Amino acid sequence: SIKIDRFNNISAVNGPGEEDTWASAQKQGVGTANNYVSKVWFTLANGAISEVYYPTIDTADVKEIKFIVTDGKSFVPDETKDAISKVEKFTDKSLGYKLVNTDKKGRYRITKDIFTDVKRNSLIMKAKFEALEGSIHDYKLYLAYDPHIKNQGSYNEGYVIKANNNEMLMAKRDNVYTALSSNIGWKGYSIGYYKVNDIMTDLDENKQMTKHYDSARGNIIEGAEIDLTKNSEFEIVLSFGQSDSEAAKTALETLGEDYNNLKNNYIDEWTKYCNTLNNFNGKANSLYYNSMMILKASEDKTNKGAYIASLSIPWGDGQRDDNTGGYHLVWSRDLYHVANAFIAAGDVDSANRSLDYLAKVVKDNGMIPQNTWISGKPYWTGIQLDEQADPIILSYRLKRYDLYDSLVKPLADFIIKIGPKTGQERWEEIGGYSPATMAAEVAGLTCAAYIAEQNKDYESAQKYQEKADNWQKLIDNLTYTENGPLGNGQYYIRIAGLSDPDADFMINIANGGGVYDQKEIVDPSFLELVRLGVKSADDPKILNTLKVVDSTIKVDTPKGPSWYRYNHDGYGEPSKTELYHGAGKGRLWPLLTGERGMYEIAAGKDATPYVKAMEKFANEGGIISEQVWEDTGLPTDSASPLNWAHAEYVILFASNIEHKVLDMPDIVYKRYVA
Ligand SMILES: C[C@H]1O[C@H](O[C@H]2[C@H](O)[C@@H](O)[C@@H](O[C@H]3[C@H](O)[C@@H](O)[C@@H](O)O[C@@H]3CO)O[C@@H]2CO)[C@H](O)[C@@H](O)[C@@H]1N[C@H]1C=C(CO)[C@@H](O)[C@H](O)[C@H]1O
């Protein structure tokens, strides 16, 4: 098809380069074409493109793609740390992004347009450089591509080719190839070793490109100078392929297309999807649409239904670039909630697609594993009973009684075989009797019985409901303490280590949280009892727990109220200037703000302030993180966007309008709470 010419004139020296890391998990935006053809996902952080995925949503191939500007004399500022970035989407109904990075010293201004090719596997970035002060002739612009092909930064192979007289910077590892090209070509290129002789180091030592290596292997950085005199506004394209030819050809095809045409096609495809969702009598707002799009963009395009928790690697800029699943893995719990958001938005198709994925997972593993790669292969192996129950609950709500033999029955039988105690509760750290987990188990088994009757399996139905009723009746006896050290000493505890919530029992908190008596730990997750319809919102035991929870783990931030997952949580940054590396201090979860909002609705109260609080917790790109700081309410370096938190916002937003808990299974509610 095309003519490619590979050359090796000068090989980078002093390899293999320094160890690298992943990008900051705080994202300004994320996106992908709304079709299964273009298997490319991108994320933005610190004013630049961060991780890029291909060919699957759990395969990150890039760390960064940023600009370095210099006067070729004194300064060398990195836009990702020396410029203020402002982000905005092309429109309220498209995951296209416009970044405007203005030098902290007001010397330059870089504006970018980022999105993908709806027809091919390539990422597009239109950029224009502006000299705020002085002449554009006094500045040099350099692009720095940091590849981490197939989930690893080490041993990346870099070289340069020319496809149809087009100099493209190539990067490869195993079967994944990337091609970096410019619509106006490169004024100069080089493939050096990270922190050794890469573009960044070269510029810090010469204030201008000195090395011009065209080959390297290891932790590499593909640098290239942009010819400003030729054009201050250019187009950069990053293409993927299973070979040099494919990748390079894809880059040529995208570049040969009309920019505005590709941009509009990308925007329209997303606008079409948005306009397919409920707008709640014109009430639907930008965050609603932003959330739903983000959820839609979190599905793998090969293994449909596989929705990941988050398209980021938490505290990634603090972890070695080794192969990690980060949060781009599939959790039955998170998917369940994401499915409910789709349901509430009107996109029942996505929800069903996710349910079928779970069916697949169950078929391959005989049960629901803690979490799995999109392939369905288990990542971690803890035994979470709520994750065994959620897919059953979803089956009921989607009225997919056809999945009884392959999904419901096997999961229900499993649950009855090991329940009600769980290997670990929803925070994935400790086992025992958890009110949140038991709530899910009772709701799950109730749903299982309903589906069993639909399949005329009255025997199983009876067996399922009896177990559900028995466990429903034991919740208080197993998890409600009346001998607690907090408040009036009466409340649901986070988790009972044994069949006696009043007894003394020491538990070990994860992430270095310490050791405490079970009765000392409270968790807002108890609200799952009312959320699932297992307990009434006005149940005095619920009200009593609420008092203790708000007295011990509620924080009113300048953005609104939020809660900790539980007292002594250590899953977070240890300090304002340190990243999480296994042990720190858990922070506030906007996810829990929404959950409280949903409880308030069940209690017949206005949840508007909770809706507003979540909106304020969102960053400039309308993205909600897993955790926020107590003092400012701003995002931490935890995962973002946290799809579960976005799903919660959608359901809360809609529920606050409809004045009812939209995701509560009526069958359970009418049997235990009504
Ligand atoms: C994502 C998850 O991260 C935390 O839990 C995991 C630890 O970080 C891992 O290191 C591993 O922990 C093991 C220890 O390293 C080992 O020394 C021993 O103590 O056993 C540990 C358990 O295997 O695995 C942990 C997962 O079990 C964090 O504590 C946990 O809360 C985090 N889960 C959240 C993320 C999602 C996805 O959006 C949701 O499903 C959960 O509800 C969240 O709580």
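Residue numbers run from 1 in the order of the sequence given. These values consider heavy atoms only, across backbone and side chains, with no hydrogens, waters or symmetry-generated copies. For ligands, and for the atoms within them, numbers begin at 1 and follow the listed sequence.
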Worksheet item: At ligand 1 in this PDB structure, which drug or drug candidate is present?
Response: acarbose
Worksheet item: Of all chains near acarbose, which one has the greatest contact count, and what is it called in the PDB entry?
Response: glucoamylase
Discussion item. Heavy-atom pairs closer than 4.0 Å: do any link acarbose to the side chain of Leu642, the backbone, both, or neither?
Written reply: side chain
Discussion item. Under 4.0 Å from atom 31 (O) of acarbose, can you find at least one protein heavy atom?
Written reply: yes
Discussion item. One residue to check: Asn511. Relative to acarbose, which of side chain, backbone, both or neither has a non-hydrogen atom less than 4.0 Å away?
Written reply: side chain
Worksheet entry | atom 4 (C) of acarbose: nearest protein contact (heavy atom, Å) | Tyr571 CE1, 3.7 Å
Worksheet item: Which protein heavy atom lies closest to atom 24 (O) of acarbose, and at what distance to 0.1 Å?
Response: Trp380 CE2, 3.8 Å
Worksheet item: Which protein non-hydrogen atom lies closest to atom 44 (O) of acarbose, naming both residue and atom, and how far is it?
Response: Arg565 NH1, 2.9 Å
Worksheet item: Any idea which part of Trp427 is under 4.0 Å from acarbose, heavy-atom wise: side chain, backbone, both or neither?
Response: both
Worksheet item: What organism does the deposit give as the source of chain A?
Response: Thermoanaerobacterium thermosaccharolyticum
Worksheet item: Where on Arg333 is there a heavy atom closer than 4.0 Å to acarbose, on the side chain, on the backbone, on both, or on neither?
Response: side chain
Discussion item. I'd love a list of the residues lining acarbose within 4.0 Å - heavy atoms, by chain and number.
Written reply: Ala309, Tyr327, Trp331, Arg333, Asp334, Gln370, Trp380, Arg426, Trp427, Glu428, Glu429, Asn511, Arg565, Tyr571, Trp589, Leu642, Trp644
